[PDB]
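Structure, propofol included.
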Amino acid sequence: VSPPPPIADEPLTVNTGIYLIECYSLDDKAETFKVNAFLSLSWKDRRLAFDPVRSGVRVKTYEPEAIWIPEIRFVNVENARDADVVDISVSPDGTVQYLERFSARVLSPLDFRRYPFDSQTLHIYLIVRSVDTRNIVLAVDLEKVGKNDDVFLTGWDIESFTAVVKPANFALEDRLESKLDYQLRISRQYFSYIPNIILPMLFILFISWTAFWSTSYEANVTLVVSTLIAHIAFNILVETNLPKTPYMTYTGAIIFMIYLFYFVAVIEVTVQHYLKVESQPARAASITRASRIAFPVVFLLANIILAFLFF
Amino acid sequence: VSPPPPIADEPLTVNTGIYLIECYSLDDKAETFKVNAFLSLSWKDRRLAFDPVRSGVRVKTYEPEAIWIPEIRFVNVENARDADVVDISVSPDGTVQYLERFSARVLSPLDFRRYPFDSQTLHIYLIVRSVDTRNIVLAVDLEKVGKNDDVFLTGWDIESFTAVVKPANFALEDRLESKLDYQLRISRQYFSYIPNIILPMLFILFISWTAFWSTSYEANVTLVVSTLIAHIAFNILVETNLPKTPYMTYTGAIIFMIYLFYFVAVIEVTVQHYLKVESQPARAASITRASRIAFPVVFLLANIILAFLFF
Amino acid sequence: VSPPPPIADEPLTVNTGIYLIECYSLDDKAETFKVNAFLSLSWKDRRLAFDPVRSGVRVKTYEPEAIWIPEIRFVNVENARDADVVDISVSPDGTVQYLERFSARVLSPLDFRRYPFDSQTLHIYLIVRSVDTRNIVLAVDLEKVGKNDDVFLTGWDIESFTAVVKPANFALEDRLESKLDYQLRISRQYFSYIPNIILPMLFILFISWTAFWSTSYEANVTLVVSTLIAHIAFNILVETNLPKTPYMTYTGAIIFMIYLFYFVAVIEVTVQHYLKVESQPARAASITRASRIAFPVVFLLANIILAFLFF
Amino acid sequence: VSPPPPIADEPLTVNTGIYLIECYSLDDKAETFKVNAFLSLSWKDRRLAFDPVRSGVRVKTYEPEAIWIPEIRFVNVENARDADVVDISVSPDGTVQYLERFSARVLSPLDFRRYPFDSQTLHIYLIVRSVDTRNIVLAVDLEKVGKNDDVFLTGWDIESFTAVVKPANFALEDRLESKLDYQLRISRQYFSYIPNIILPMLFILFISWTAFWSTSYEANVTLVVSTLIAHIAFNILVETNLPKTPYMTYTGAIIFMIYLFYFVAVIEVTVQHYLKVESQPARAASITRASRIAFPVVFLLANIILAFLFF
Amino acid sequence: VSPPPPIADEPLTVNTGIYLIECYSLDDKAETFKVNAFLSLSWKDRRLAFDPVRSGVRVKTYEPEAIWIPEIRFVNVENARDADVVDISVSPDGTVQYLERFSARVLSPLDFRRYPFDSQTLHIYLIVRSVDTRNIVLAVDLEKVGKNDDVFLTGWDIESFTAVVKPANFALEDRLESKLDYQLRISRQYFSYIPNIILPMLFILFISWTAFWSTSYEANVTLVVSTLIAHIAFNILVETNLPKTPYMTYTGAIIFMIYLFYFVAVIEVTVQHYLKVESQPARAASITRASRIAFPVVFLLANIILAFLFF
Ligand SMILES: CCCCCCCCCCCCO[C@@H]1O[C@H](CO)[C@@H](O[C@H]2O[C@H](CO)[C@@H](O)[C@H](O)[C@H]2O)[C@H](O)[C@H]1O
Ligand SMILES: CC(C)c1cccc(C(C)C)c1O
Ligand SMILES: CC(C)c1cccc(C(C)C)c1O
Ligand SMILES: CC(C)c1cccc(C(C)C)c1O
Ligand SMILES: CC(C)c1cccc(C(C)C)c1O
Ligand SMILES: CC(C)c1cccc(C(C)C)c1O
């Protein structure tokens, strides 16, 4: 067993195809996802060709070890895929049709900039390293690229599974490498974030603003501080579900901005009390009266600015 | 070793049967469950048929590698099942009786809409890809589908383990695929949710309503804010045990609605104090007096509406 | 390699023995435990008979694949046991003495009703399915059932490791199955629960009762609410360490009952303040005075009732 | 392949040696540690002996399967070690020199009594079961017992890696077993516990004692209750990092004792207020004044007593 | 298969090269990282040499088992690497060119002193043990040491992947061991720590200092205690993400220092109230007025001192 030789001096074309059976475990923190799919391989090996009329058989079967099979590997995997050879069929002209069922944990980075309203493009990079006797080149058989209807990825919507038809051929350690890009397009199901994180977070912030309709320093301190602690809880909960990004995310920005509002509300609450003690409740009253309008307006304005910058 | 050829031009019928030995690890967040069961396979291979007379044995035992065995796979599995061939028996007419003991992590989505009062239908999809020489079709031998009496799935009740007798035959990459649906019907044991999450959650909310029988703003702010923090704790605890659904769940709805009650109670508490400071305790008194009846009534009404919409 | 044949028409007796080397990872939530032990098997295969004269050796040593070995499996395991064949010895008569060292994660349900003062009976079910040529029956060789003295299972006391001598023989999918029950009796080391969960929990509850010697509504609200939050913390901590049971557990009952005490204390605290504001401190004083006695008495009575019902 | 026969009737001496390459993952809760080391084995097999002069080769190398190798196993392991045979060398006299590189998860109990100022002795028990033809006995070749200089075990100091030279020979299931004890002496790096758990815990307790210089019941209730909640947090954090011991640990004792101080401080705070309301501030003043001295003195005394009892 | 013999009496040089394909899972607590890379090996084996003319081939391909391949192992790995032989090529002079693709979990300690502004040098130690017939020495072929452009390690910046050309040759258990050091230089992406941990932590501290512009003991106690609890939360969050170091880290120092500020602020708050009750508000006023300047100044000074000592 060694590579099929060239008729002229052409490279060996191995036609590929990935058909997704299962999608699961998209881990945001790890930036990984699990896949269960069919891997299809097709190439011509003339040494295997036969007569259809004389052989009586139109197709011949082979056990993996019996024939030369190209070493196709995945670039972005944690460990080498778990493969089960489903079938090897050889047609009269020496065209081989290989099929395996595999499962792998794919490493594909995610862009957290618009979280939880983000969309992603997951990648599966197929690769083949050229042998000394000949160069191996990959290609996409669009007929054998797909996914089953039931393929569901929890908390995400599956847009498309396509392959970039033109392989990226390059030199690596003094030998040719032919690389293919299979792309899984998904978009996050943001629904649940609204009643679980967004609205609770806004409610606790609005509750803090009731201190603008109270002259009790002791009650205000409780209002602002308490809600600030609940905000820290939400911040912590949110940051545990996400990886540490070198860029600012949409959620990150909002969560951060909100801290400034709690800080300024504390200052206001302190100022109001200070003036009151200092026997000037009229300045204190106008500062509070302003804040009543200022706080929601600046909050609403700031959010528009951020949504603009982010979307 | 290659498929048994057709007498006429009929497809090969493989008679299946799953007998559950163990059920465990139903992970709600992951929407997976672990299973340990017997897989039974039966098909006719005439090339193996014999005369009971001349041979002097009414059965024939084989090692897996010695005979042709159909490639039965599970659709909804994380990784290929762990199988141990228990026995392979051949009857005089060439009827093969295959038995294996397997364990697998099955991916089956759950409908969280009625959580924790929900019921589920877990699936085990058996599949067979047809060969070039012939088409393979699956069938259910009802005699070999079951579960042992001891099969317990922690915090769930096992209703039934049945199989949809008629397979779903379809084309996949120009070959025939025959798919069978084994269904495990279960219903959640909601008991524990009552004293652990439900009642504590209601108690903390009722405690918040004592602020309707108090004129102390400072005590009221403490009552409502404190309990709101305890509610956030319960919300967080609940949401960590569940996956992110694109739909509203029953518990989700309740938890969410309750936030509105805390928000409105804060408003009431603020209003009462504001009026009192503004030297009009009679308006404040009537608002408070109404709230004492309004809050429980609207809570009880809202819950009826929700239970109705959900069940 | 196929079963040894009967002299008369007797079933094959495979003697068994489990000798525990290691016990670890008793997971309460999962209701699983890990075991590392010796599995001993002994059956007569006359086909292996030999003359020590003609063969030199008094006992013959065989490699697993060389001889017929009965397929012994465990019923209540997650996955097939990790086995290492330690020795296979055949005496001249053909008596086979098989020894393997295995490790497995055993699934055995637990009765949480008396937690953390509960005792358990863990099971290891050995099984053998009968072949077509002959019936296989299991037996216990009491001489080969044990555990080493060092066998420690963290936070549990090991009472006994015994086997139910009489196997449970039954039909399963048209063949005989011989099942054996090995029983590991253990009892929980409740010590640590006293200073870690019990006493802290009682202290925080007693602290709440100081509100019965205070006329300050604002301090009382803080006392009762604060401690209630600390109780929720303990409840959550406790419930994370346990699986969701369809029955009430001893700890569960106590934790639940305590909520009622916090609820009633809030009511009392509210009533006392209401009456005081309403210019009737004498009724308030007598209600408080009774509560000081009522609360500890009813708590102590309720606990006796519960301990009675549970033990 | 079968055991080398005795010259006289002596047992087979297997010389052992463990050389630690990597030490990691000391899990306190699980009472396990991971090891990566060389396992050296040496015995005499006269059947393999040769002429030094006539052969012209000083030593001869073999493949595992070619020769008889004793079955050395570890007693206290989770699962059977991952071994790679590095080399097998036979000298002229028939002395076999075996070397393998292994990795295993060792189960070794820990004494938490002096945590986090404790020291431990981790064990690796080598074992060999005697064959029918002859008895196998283990020995330590001190020349081949060691560890590399870089061997670091995070948050622990490695004192020594030694072996108890005299094996423990005993009967187990009617055959001789020769057991060796390799001991890894380590001591915990307590440094970090000081600024992370100890000092914060003491600071929150001291903060609680400021209530002895305050006449405000409402502020005191806040001071004592708040800090008590922070103490519960530390207790919980500490207990999550440790297994449930049937004995009292040093930290456990301290954490527990501190609860009593919070309880008594609440009593004091209640008493002071009660007396003040009851128009007797002079008794209240002297009780508070005493507490100011009593609390730190009894704390300091109690700690000395405990440190004494524990070290 | 045995080592290629020396022409003179030279040691065998094995040229090495590591080309990183993937980098992931840098676990700070565990001090481990996962790698996926190509391992290249090249040595001269004269026994494999051939005349290009009588062969009609420029190269010769071999299956691992067919030829002698040196046993290269990694020193700092958890378990033996997962390797797939990609290719084995032999040039006419008997120069062997070996290529494998591997994945391993590398144990490499980290210096937490400047966290989260730290940089690290991860190591991959290649090792070879010398055989009896001859000594094996490792060498770096700089042409075959690299990483692909896509190599990303989440939350870290990859500076360089280089190899220390000169191997460290030494004796280990009477055999010569040749060790090579491959170094991955990385630096932490500190960005996210600023809005997630740093700024929130500073804000809660500044909020505590508003008590210097308040005469209300009850509000102050709330301000300082509340924020202290939020600080404990951040401390706990930070310490869970890091391993226990025997040295003080930069973050560790800051977190610790901040506790002292909370403690002193409580003292101030206590003193101010004490004096006020004791009818001397002028001393109290000047102490408070000083603190307003003292606290930020000493905080700013302390930080400069620390940043100096650490960077
Ligand atoms: C697997 C990981 C699991 C991680 C689990 C993490 C759990 C987090 C614990 C949350 C801490 C709650 O924080 C707590 O909330 C209440 C809100 O009523 C605050 O308290 C506020 O009102 C109370 C009650 O009147 C006062 O005692 C208090 O002084 C005041 O500041 C407490 O001061 C605060 O300490
Ligand atoms: C969590 C984060 C994404 C967020 C929080 C609160 C409010 C908003 C907008 C939609 C107003 C928001 O986008
Ligand atoms: C958790 C959620 C399911 C829930 C909480 C509180 C009350 C109710 C009804 C039964 C009143 C409820 O269904
Ligand atoms: C945790 C639970 C088991 C419990 C809590 C508090 C008190 C008691 C009895 C022993 C009084 C108790 O059994
Ligand atoms: C955590 C536990 C070990 C502890 C806490 C606080 C104080 C001390 C002594 C050293 C005073 C202590 O040993
Ligand atoms: C977390 C720790 C690294 C830290 C916290 C707060 C402030 C600072 C400096 C940059 C002022 C800091 O370095």
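Chain identifiers are assigned alphabetically (A, B, ...) following the order of the sequence lines, protein sequences preceding nucleic acid strands; residue numbering begins at 1 within each chain. Side-chain atoms are counted along with the backbone in the values below, which use heavy atoms only and exclude waters and symmetry mates. Numbering of ligands and ligand atoms starts at 1, following listing order.
Every copy of propofol considered, the relevant parts of the structure are ligands 2, 3, 4, 5 and 6. The chain sharing the greatest contact count with propofol (ligand 4) is, according to UniProt, Proton-gated ion channel. Other chains reaching under 4.0 Å from propofol (ligand 4) with at least one heavy atom: C.
The deposit credits the origin of chain C to Gloeobacter violaceus. Contacts at under 4.0 Å (heavy atoms) between propofol (ligand 4) and the UniProt transmembrane segments of chain C, numbered from the N terminus, involve segments 1, 3, 4.
Lab note: binding site of propofol (ligand 4), heavy atoms under 4.0 Å, is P116(C), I198(C), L202(C), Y250(C), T251(C), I254(C), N303(C).
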